[PDB]
Amino acid sequence: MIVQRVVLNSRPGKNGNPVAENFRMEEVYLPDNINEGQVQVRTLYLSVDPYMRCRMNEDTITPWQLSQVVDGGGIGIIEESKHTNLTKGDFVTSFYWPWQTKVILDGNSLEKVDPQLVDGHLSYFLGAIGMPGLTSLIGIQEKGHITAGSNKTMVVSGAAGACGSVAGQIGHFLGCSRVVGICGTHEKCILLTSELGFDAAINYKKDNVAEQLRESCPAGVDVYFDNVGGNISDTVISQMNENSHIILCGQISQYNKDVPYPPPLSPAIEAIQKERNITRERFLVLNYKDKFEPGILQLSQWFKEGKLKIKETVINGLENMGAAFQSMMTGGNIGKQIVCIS
Ligand SMILES: NC(=O)c1ccc[n+]([C@@H]2O[C@H](COP(=O)([O-])OP(=O)(O)OC[C@H]3O[C@@H](n4cnc5c(N)ncnc54)[C@H](OP(=O)(O)O)[C@@H]3O)[C@@H](O)[C@H]2O)c1
Ligand SMILES: COc1ccc2c(c1)c(CC(=O)O)c(C)n2C(=O)c1ccc(Cl)cc1
């Protein structure tokens, strides 16, 4: 059998912008034999995620290698098994799925998923009922310091993306009385306020952010779910209250620069931080793998109850992996960027 796969073609440079050309699609034969403890899976969906930007650089786990197959989050279906708890027809996922239409994997690296949790919408396991959703829920639970009925105001940057779109709804579910998002287009702002329940949405590219935050957050900001960093965050931090908390989820505005992570705050912003006693600690969802079960069950519950709205942008075809990554990195996605493989 002949399958398609995607390999890393070129590096954009630690200070470069990633582009679709950094990837190349090829055709290869799929081995006709599977060893023991190994399974053959048909790839259904693949995720593209901002952390991948660092895997394209020569340094920072392992980076992708030129000419070798790329990998990342994926969901598929078992076609042939030689591993105990894995059977033809089982739906599985892995953080290291090769960007290839069909692949042979060691069952040990796979994890069975229950279609019932997502009402059969398997791509949701790569988003809101998956890692980004877990990141938002656990991040707010572990670093948000909210309380049922606090009347707190939360600001969310990267508000219309995978983590941000879920974080804002979760802020309201857990007690925030006001949730304001910051995103890059008016189309996203209207989606946030009209469908996801945000109280206000600011377009950082065209609106006066500072002024708009003053209007929409009349009582300051108690919680900042930060996905972008940079100048947007400085503006947000400026309007934050005493003893507030920044959930440091990501700093995507810095991912195409040669800087340390987490980026440090500018002198004046850091002074404000410390003076107001604002907490800003590193947060890595992988450090809470024991809350993954209850997180996923809670996220599923809220979705089944009609409370949690799940937005995704699906692109079709493996040949489009590089275009999807490039698109997500530049704001073309609303909600979770997904690639449908078959
Ligand atoms: N701490 C953890 O364990 C953890 C886990 C998963 C993800 N993350 C982090 O969370 C963030 C969001 O991840 P995601 O998967 O949900 O991706 P996403 O938000 O769905 O997609 C990226 C979005 O970032 C925005 N963006 C790109 N460049 C930007 C810039 N220079 N300035 C401002 N906004 C920019 C774009 O939308 P706009 O149109 O609004 O600009 C884009 O759609 C990333 O920073 C990621 O590294 C952290
Ligand atoms: C350089 O920075 C990285 C590298 C991998 C990361 C992350 C950040 C973040 C944090 C972020 O996006 O800032 C998350 C959540 N990662 C994973 O879940 C993950 C996915 C697949 C494999 Cl294999 C191993 C880890």
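Index from 1, following the sequence. Reckoned from all heavy atoms, side chains included, excluding hydrogens, waters and symmetry mates. First listed ligand is number 1; within each ligand, the first listed atom is number 1.
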Which candidate among reboxetine, indometacin, phenylbutazone, perindoprilat, halofuginone is located at ligand 2? indometacin
State which chain has the largest number of heavy-atom pairs within 4.5 Å of indometacin (ligand 2), named as in the PDB entry. Prostaglandin reductase 2
Which residue and atom name correspond to the protein heavy atom nearest atom 15 (C) of indometacin (ligand 2), and how close is it? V285 CG1, 3.8 Å
Identify, by atom number and element, the atoms of indometacin (ligand 2) in contact range of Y255, meaning under 4.0 Å from any of its heavy atoms. 13 (O)
In terms of residue, atom name and distance, what is the protein heavy atom nearest to atom 2 (O) of indometacin (ligand 2)? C54 SG, 4.0 Å
Atom 11 (C) of indometacin (ligand 2) - nearest protein heavy atom and its distance: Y51 CB, 4.1 Å
Atom 24 (C) of indometacin (ligand 2): the protein heavy-atom neighbour that sits closest, reported with distance to 0.1 Å: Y96 OH, 4.0 Å
Could you identify the single nearest non-hydrogen protein atom to atom 17 (C) of indometacin (ligand 2) and state the distance to 0.1 Å? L286 CD1, 4.1 Å
Identity and distance of the protein heavy atom lying nearest atom 10 (C) of indometacin (ligand 2): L284 CD1, 3.7 Å
Which of the atoms of indometacin (ligand 2) are close to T60, meaning less than 4.0 Å from one of its heavy atoms? 1 (C)
